[PDB]
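Here's the structure, in structure tokens; my notes come after.
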Amino acid sequence: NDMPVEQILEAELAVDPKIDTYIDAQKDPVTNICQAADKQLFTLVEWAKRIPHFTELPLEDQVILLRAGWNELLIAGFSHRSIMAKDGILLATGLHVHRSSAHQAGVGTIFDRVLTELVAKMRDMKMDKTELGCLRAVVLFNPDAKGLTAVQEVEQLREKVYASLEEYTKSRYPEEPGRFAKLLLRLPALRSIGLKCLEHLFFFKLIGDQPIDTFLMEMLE
Amino acid sequence: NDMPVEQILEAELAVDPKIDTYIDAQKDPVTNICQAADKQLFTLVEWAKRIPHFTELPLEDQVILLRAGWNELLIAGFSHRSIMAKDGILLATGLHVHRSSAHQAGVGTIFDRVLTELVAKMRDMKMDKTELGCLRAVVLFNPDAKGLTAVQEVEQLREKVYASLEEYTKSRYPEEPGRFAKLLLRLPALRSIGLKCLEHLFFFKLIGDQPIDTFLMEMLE
Amino acid sequence: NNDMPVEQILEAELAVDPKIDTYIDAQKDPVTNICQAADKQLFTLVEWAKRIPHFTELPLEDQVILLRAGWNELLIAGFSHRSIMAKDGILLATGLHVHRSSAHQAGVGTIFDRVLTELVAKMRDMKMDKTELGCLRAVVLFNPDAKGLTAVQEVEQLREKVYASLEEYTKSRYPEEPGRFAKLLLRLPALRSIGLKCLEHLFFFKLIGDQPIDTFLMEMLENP
Amino acid sequence: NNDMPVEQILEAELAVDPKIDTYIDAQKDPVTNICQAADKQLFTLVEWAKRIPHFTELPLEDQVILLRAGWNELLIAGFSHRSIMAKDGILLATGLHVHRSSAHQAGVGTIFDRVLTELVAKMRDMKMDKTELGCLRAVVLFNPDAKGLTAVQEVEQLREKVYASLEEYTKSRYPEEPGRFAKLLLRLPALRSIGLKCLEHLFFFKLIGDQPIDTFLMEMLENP
Amino acid sequence: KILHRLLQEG
Amino acid sequence: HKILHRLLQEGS
Amino acid sequence: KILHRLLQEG
Amino acid sequence: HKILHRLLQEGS
Ligand SMILES: CC1=C(/C=C/C(C)=C\C=C\C(C)=C\C(=O)O)C(C)(C)CCC1
Ligand SMILES: CC1=C(/C=C/C(C)=C\C=C\C(C)=C\C(=O)O)C(C)(C)CCC1
Ligand SMILES: CC1=C(/C=C/C(C)=C\C=C\C(C)=C\C(=O)O)C(C)(C)CCC1
Ligand SMILES: CC1=C(/C=C/C(C)=C\C=C\C(C)=C\C(=O)O)C(C)(C)CCC1
């Protein structure tokens with residue numbers, strides 16, 4: 001062993017948001033989702049600090065992993081939370097963003113990808129918190145990330161994570177020989193949706209670099 | 001007569017930008033295009049002030065027409081200018097924006113619509129400055145615009161404009177019986193691309209409402 | 001003059017004219033009423049298109065592209081014109097009359113008024129006839145800007161033929177009004193604007209998941 | 001175990017293996033070299049797909065959807081694997097060897113290195129064989145997330161069958177290495193990442209209009 | 001789809 | 001709308 | 001397209 | 001990267 005699924009479960013549990021009801025927003029969904037993200041970034045670190053062995057990597061690598069992994073880590077997180085919604089995603093700030101807001105705000109198409117390729121599939125197979133924590137750990141232990149020193153160390157940690165996951169999976173779900181594959185095969189979609197989000201975010205960051213000039217602002221009111 | 005194509009030609013000529021070469025930009029095309037727009041809005045007014053009869057409408061209507069028409073007025077303008085480029089548009093600030101920048105910046109799809117449905121067709125039929133000024137005048141005289149007082153007055157002005165255009169067209173291009181239609185039939189595309197631009201602009205204006213929070217900014221660098 | 005006889009376009013409008021002489025004003029939820037009438041008219045809309053000269057000689061993948069790109073303006077033009085017979089309301093092909101008050105109560109009042117003032121009232125004031133309506137629709141159908149066309153030239157060219165026949169019909173049937181041809185074509189930008197805004201309302205009713213919507217309409221809202 | 005015999009996937013890889021024993025290092029413009037090899041391989045890629053069990057029973061509109069969604073990762077996986085035989089370069093199906101120095105000079109060095117370190121080196125270090133490569137490609141081909149599929153279930157299900165056969169083959173041929181199956185599937189996220197970034201370079205070479213590009217490749221870059 | 005259907009039996 | 005009004009007064 | 005072509009003569 | 005570094009030091 002040495003990479004126990006129980007502590008991984010602990011790490012997830014320790015970062016669930018303490019969560020009331022979930023009111024809509026329809027008003028500036030993109031903003032709300034970016035605030036939730038900023039907020040969750042703090043808790044993402046704490047989560048990582050609680051994944052076994054993570055903090056015994058060099059400091060330098062711990063930062064590379066998290067700079068390389070966060071967006072996929074946060075997408076996986078809100079996706080798994082959002083399983084109980086129908087066509088919406090549930091943010092950590094306790095807001096619910098409806099598919100219809102997302103199209104109105106211009107991100108309909110990447111949003112739909114999150115619902116179809118992540119949320120719906122997490123829901124159809126009833127992915128549990130242990131499988132989700134493992135998947136996130138695998139992502140956190142990305143031995144391809146640039147500039148790593150302890151390459152081989154991350155490689156060994158990721159190998160650990162998936163061996164325990166396969167183990168957990170074979171034993172908690174022995175009616176499903178394909179389950180382990182099916183879980184790993186969600187990571188390509190995650191990778192992909194992750195990249196598309198970052199494009200979005202880079203574009204909003206350059207927009208915000210420079211206000212609209214004043215007559216143009218006036219024509220828009 | 002009373003709506004002479006010559007003065008309409010004058011109005012266009014008086015607002016050509018005084019124009020050197022046209023350097024690229026590839027760097028923040030969206031910004032550049034919005035600055036050009038703001039800049040051209042000042043000159044749009046002067047253009048309007050020079051269209052016959054415009055300034056004898058009530059003040060209130062002159063502002064309604066220009067608030068309702070500007071985006072289509074500016075799109076028509078840069079489209080006609082951009083005929084001599086291949087796959088790019090030429091801004092009034094003397095910048096050239098390449099189709100490849102436009103896709104890189106995320107507005108590839110509306111940009112392509114401008115090239116295909118406006119620029120390329122303006123180019124294939126060699127639309128001249130007189131036809132363009134008339135088309136813009138027709139757009140400027142929009143009797144559907146909300147809240148107009150002198151509805152019937154704008155209606156009569158638009159009727160004038162297209163009668164002189166048809167006239168100019170029959171006489172300057174008598175090899176082309178379809179020319180007049182073909183010109184009017186570009187206005188639906190203009191209308192449409194105009195609406196899609198305004199969506200873009202409203203979205204950038206709300207983005208810019210609110211910076212990215214600081215940890216999120218840090219992950220983006 | 002050419003190869004695009006207006007008799008045949010008129011023959012097309014008349015074959016799909018739902019012959020209706022008594023309507024029931026429908027104050028209930030108008031949006032469902034309008035959706036069902038639209039589903040219903042999508043079927044006639046294809047019959048209509050197939051009767052337009054040369055339409056069915058087009059690459060099949062092109063017939064589909066045109067109908068899928070033009071359905072919303074095509075159907076809007078249809079009921080706006082039938083509706084010249086009402087006052088402040090529209091007349092659905094299903095025999096229902098929807099009053100503007102009732103569109104307002106259901107929160108689609110603004111786009112409703114845009115149809116009354118930009119299309120219906122204008123069509124009524126200039127006494128647009130069925131021939132001109134068909135041409136306008138045929139122009140809209142042969143839309144050479146639609147994405148993915150393979151026969152762009154054939155489409156352009158059939159467009160040009162419709163508007164040549166239109167213009168000649170207009171000159172002959174309404175020589176009092178030399179501007180008429182232009183007046184007709186200048187209704188197309190409003191038609192385009194209002195068509196985009198209805199499609200936005202629809203797509204959004206579809207995404208909210210509440211609002212019914214039948215099956216041909218649904219296939220259209222998945223096709224755009 | 002099932003209905004998806006690995007012999008037949010292996011038979012598929014081998015039928016398209018361009019049998020090549022001597023390459024010419026190509027320092028000229030590598031981008032054109034890679035484009036032409038890709039055009040060339042698109043034709044074999046379809047032959048390859050047609051030989052994958054059940055592929056050709058799919059709704060035709062689905063075969064097209066899969067090939068059009070999977071071509072770039074499929075071809076990347078192909079030449080990355082042939083390329084385990086080079087060192088710091090890739091080996092094109094056209095008999096050319098492109099060195100990394102030369103990719104760097106041509107300004108596509110970064111994505112080139114990503115292919116060397118994330119795909120080629122890993123494939124070489126774990127001695128990925130042709131059977132596993134075919135399965136990985138078949139998994140990628142039967143992509144049930146592709147937009148517009150009509151037979152989603154059939155696709156999912158054929159996916160599941162490939163990965164069941166893969167896993168069983170792996171357990172049997174490489175019982176020393178119980179993690180091997182996972183190691184194989186975990187190359188797919190990099191494959192996906194690198195595939196997106198190559199498609200971005202391509203689409204952009206196409207939009208700049210300078211860079212040649214042949215015709216099957218062009219049809220692909222218009223299909224995405 | 002339904003549209004194809006409709007357009008072929010013509 | 002300050003900018004448009006002001007500009008509409010000046011020219012003539 | 002070319003892809004259709006290729007996929008039918010099979 | 002100030003925020004991430006600082007956070008990575010604190011917990012333990
Ligand atoms: C998906 C998505 C976006 C990015 C989300 C990302 C990368 C982080 C969100 C994490 C949250 C919302 C954390 C939580 O609540 O657990 C953007 C902004 C591009 C807009 C469209 C939808
Ligand atoms: C088309 C287009 C856009 C809007 C342009 C508009 C509405 C005005 C431009 C006028 C210019 C550039 C004036 C001139 O130089 O004559 C936005 C910003 C949405 C981005 C994508 C391309
Ligand atoms: C106009 C309108 C809408 C859309 C109608 C559309 C897109 C076509 C209607 C077809 C009919 C009414 C066919 C006919 O009666 O011949 C929505 C749903 C936004 C509600 C507001 C008013
Ligand atoms: C990888 C790479 C590129 C894209 C290659 C793609 C998309 C497939 C290549 C096919 C081959 C090389 C087939 C074969 O040899 O079997 C571009 C053009 C971005 C240049 C940088 C390196």
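Each chain gets a letter, A, B and so on, in the order the sequences are listed, and its residues count up from 1. These numbers come from the heavy atoms of this one structure, side chains and all, not from hydrogens, waters or symmetry mates. We count ligands from 1, going down the list as the structure has it; atoms in each ligand are counted the same way.
Found at ligand 4 is the drug 9-cis-retinoic acid. The chain sharing the greatest contact count with 9-cis-retinoic acid (ligand 4) is, according to the PDB entry, RXR-like protein.
By chain letter, those with a heavy atom nearer than 4.0 Å to 9-cis-retinoic acid (ligand 4) are D. Counting atoms of 9-cis-retinoic acid (ligand 4) from 1 in the listed order, those under 4.0 Å from a heavy atom of D/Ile34 are 5 (C), 9 (C), 12 (C). Contact annotation: for D/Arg82 versus 9-cis-retinoic acid (ligand 4), heavy atoms closer than 4.0 Å belong to the side chain alone.
Note: an N/O pair closer than 3.5 Å links D/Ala93 and 9-cis-retinoic acid (ligand 4) by distance alone. The shortest contact between atom 12 (C) of 9-cis-retinoic acid (ligand 4) and any protein heavy atom is with D/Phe79 CD2, 3.5 Å.
Nearest non-hydrogen protein atom to atom 10 (C) of 9-cis-retinoic acid (ligand 4) is D/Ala38 CB, 3.3 Å. Lab note: per PDB, source of chain D = Biomphalaria glabrata.
Here is the list of 9-cis-retinoic acid (ligand 4) atoms found below 4.0 Å of a heavy atom in D/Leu92: 15 (O). If you check which protein heavy atom lies closest to atom 19 (C) of 9-cis-retinoic acid (ligand 4), you get D/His201 CB, 3.4 Å. The protein heavy-atom contact nearest to atom 20 (C) of 9-cis-retinoic acid (ligand 4) is D/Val108 CG1, 4.1 Å. Distance remark: protein heavy atom present below 4.0 angstrom from atom 5 (C) of 9-cis-retinoic acid (ligand 4). Ranking protein heavy atoms by distance to atom 13 (C) of 9-cis-retinoic acid (ligand 4), first place goes to D/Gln41 CG, 3.6 Å. Nearest to atom 7 (C) of 9-cis-retinoic acid (ligand 4) among the protein's heavy atoms is D/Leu202 CD1, 3.8 Å.
Atom 2 (C) of 9-cis-retinoic acid (ligand 4) has as its closest protein heavy atom D/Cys198 SG, 4.0 Å.
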Could you pull out the N/O contacts under 3.5 angstrom between 9-cis-retinoic acid (ligand 4) and the surrounding protein atoms?
from, atom 1, to, atom 2, distance (Å)
9-cis-retinoic acid (ligand 4), 15 (O), D/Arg82, NH2, 2.7
9-cis-retinoic acid (ligand 4), 15 (O), D/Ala93, N, 3.2
9-cis-retinoic acid (ligand 4), 16 (O), D/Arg82, NH2, 2.6

